[PDB]
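Figure: posaconazole in its bound pose on Cholesterol 24-hydroxylase.
Residues take their numbers from the sequence shown, with the count starting at 1. One-based numbering, in listed order, for ligands and for the atoms of each. Values reported hereafter were calculated over all heavy atoms of this structure, with side chains retained and with hydrogens, waters and symmetry mates removed.
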Amino acid sequence: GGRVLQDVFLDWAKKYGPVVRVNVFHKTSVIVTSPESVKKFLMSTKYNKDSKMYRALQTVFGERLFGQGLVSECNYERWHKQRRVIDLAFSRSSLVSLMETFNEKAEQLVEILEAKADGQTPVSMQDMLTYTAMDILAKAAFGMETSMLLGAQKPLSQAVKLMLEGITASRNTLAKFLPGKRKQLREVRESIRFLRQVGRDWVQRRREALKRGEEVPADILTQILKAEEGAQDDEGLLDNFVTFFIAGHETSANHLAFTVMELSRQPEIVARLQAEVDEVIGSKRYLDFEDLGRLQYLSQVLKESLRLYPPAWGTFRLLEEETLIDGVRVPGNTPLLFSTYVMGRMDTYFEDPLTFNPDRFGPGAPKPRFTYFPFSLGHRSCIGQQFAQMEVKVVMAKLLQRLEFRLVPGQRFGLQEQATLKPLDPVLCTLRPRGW
Ligand SMILES: CC[C@@H]([C@H](C)O)n1ncn(-c2ccc(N3CCN(c4ccc(OC[C@@H]5CO[C@@](Cn6cncn6)(c6ccc(F)cc6F)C5)cc4)CC3)cc2)c1=O
Ligand code: HEM
């Protein structure tokens, strides 16, 4: 069964009102599920991330993973310094110029799949979408080619896989430390060091090029380095390398996987997606930036996919002074937990919440008001939002143009939780070419 901790929180939120104490963490924390509260705490620089919660990202099993990178830096000043600089890499011109990378990798994904489109060969969409998102990220952020889509870098994607399973366990055990052997523990440490070392090398390869007076176009890497000029160590730079290395591919992959998974049982939705893709791009191969804006219906489908299946389920702020929240006195020094997964599944905020219905986001439908935030909100919202929404439309658009998917019998629709929420089963499918 693929219930996650988020599902328990949901149960408790429906039953116990909009402020609920939990005791699964470092502390009595409080899960906060009223829209007004979401607005209050997220939409204000006055509230900041809980350093105690994000320590699980800082280091893992004694090994430095995300450090004080852009996600896990809780101190506002130190965080604003990083964010000002790194923001330059996500300008509109910065993103428009990634379209070629997004197209190249999307195209390459589809060809690999058309090569397997006999209707018998089982293919892990979760693996495939992961390879694609990784190849996009490496090229787009770091100027490097991983070619996982071409069977390359098996150790790299092994290190990522273990690091992530490692995060799952780093939360837990829990009496389960006698059974789950030292093998897993040191493999995770190995993996985490593998990742930092890839960072060291790609920082090297980059510095080498600049030293030969070579011309390097402005980059996420360019901006992470610049955020680090003056530092005694490269250690704050590696934090940011690893953060972007994982954040910039894993959750885009989960989102793609959930979308393909859910679409496999929504034939009407699929037909309408096909109809839209036919009129916007036809059978043309490259999608321009202007084309993405016109995939209106595809936007709604993805928004709806993020409402039921948000990979990044929420966030935590620290409540420093005792405050009254929805009629409940909550003491100072208390961690607040926000969940877009929880709120998206409450019939209080969404009629018939288990029905996948993209019309909820149709033009003219009032936007959800603090009941939906798959990219978080306020100052600590996702820097990579537009980047993600772009690449995901590029991939999904191409799949829809050329392929049809059928989920392999015995594949489940349920969730697991690693660093993020993702499908429990890979998304094993057989494929045919569109029109069969
Ligand atoms: C027995 C022991 C016992 C005692 C000792 O008795 N004990 N005592 C205390 N606890 C304890 C304490 C704490 C927990 N927590 C449970 C989980 N928590 C947690 C924190 C942060 C989270 O952030 C999620 C990231 C955010 O962003 C993403 C997504 N994303 C955005 N853009 C792109 N990707 C992201 C970022 C960067 C990347 F690089 C990749 C990513 F995907 C995902 C999520 C969860 C904290 C630990 C549990 C138990 C015990 O168990
Ligand atoms: C569809 C996939 C994506 C979703 C659902 C997602 C969602 C989120 C959310 C919920 C936050 C977490 C904030 C918190 O812990 O409170 C966030 C932050 C962040 N994400 Fe994304 N994201 C995705 C893709 C991107 C990609 C492509 C990148 C990089 C290119 C990335 C970069 C980051 C970083 C650096 C932050 C921290 C920003 C800051 O605190 O200033 N994400 N993401």
Next item on the list: Provide the full list of ligands or chains for posaconazole.
Entry: ligand 1
Note to self: Give me the nearest non-hydrogen protein atom to atom 27 (O) of posaconazole as residue plus atom name, then the distance to 0.1 Å.
What the structure shows: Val71 CG1, 4.1 Å
Notebook entry, point to check: Which heavy atom of the protein is the closest neighbour of atom 42 (F) of posaconazole, given with residue, atom name and distance?
Noted result: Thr420 CG2, 3.3 Å
Notebook entry, point to check: Which heavy atom of the protein is the closest neighbour of atom 20 (C) of posaconazole, given with residue, atom name and distance?
Noted result: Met53 O, 3.5 Å
Checklist line | Heavy-atom nearest neighbour of atom 2 (C) of posaconazole within options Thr243, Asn172, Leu195 | finding: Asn172
Check: Among protein heavy atoms, which sits nearest to atom 14 (C) of posaconazole, and what does the distance come to when rounded to 0.1 Å?
Finding: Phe25 CD2, 3.5 Å
Checklist line | Sub-4.0 Å atoms of posaconazole with respect to non-hydrogen atoms of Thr251 | finding: 29 (C), 30 (N), 33 (C), 34 (N), 42 (F)
Notebook entry, point to check: For posaconazole, which residues in other chains have any heavy atom nearer than 4.0 Å?
Noted result: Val24, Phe25, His26, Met53, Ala56, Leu57, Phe66, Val71, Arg171, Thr243, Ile246, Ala247, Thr251, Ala312, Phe316, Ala419, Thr420
Every pair of nitrogen or oxygen atoms between posaconazole and the protein that is under 3.5 angstrom apart - can you list them with their distances to 0.1 Å?
unit_1: posaconazole; atom_1: 34 (N); unit_2: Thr251; atom_2: OG1; d: 3.4
unit_1: posaconazole; atom_1: 51 (O); unit_2: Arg171; atom_2: O; d: 3.1

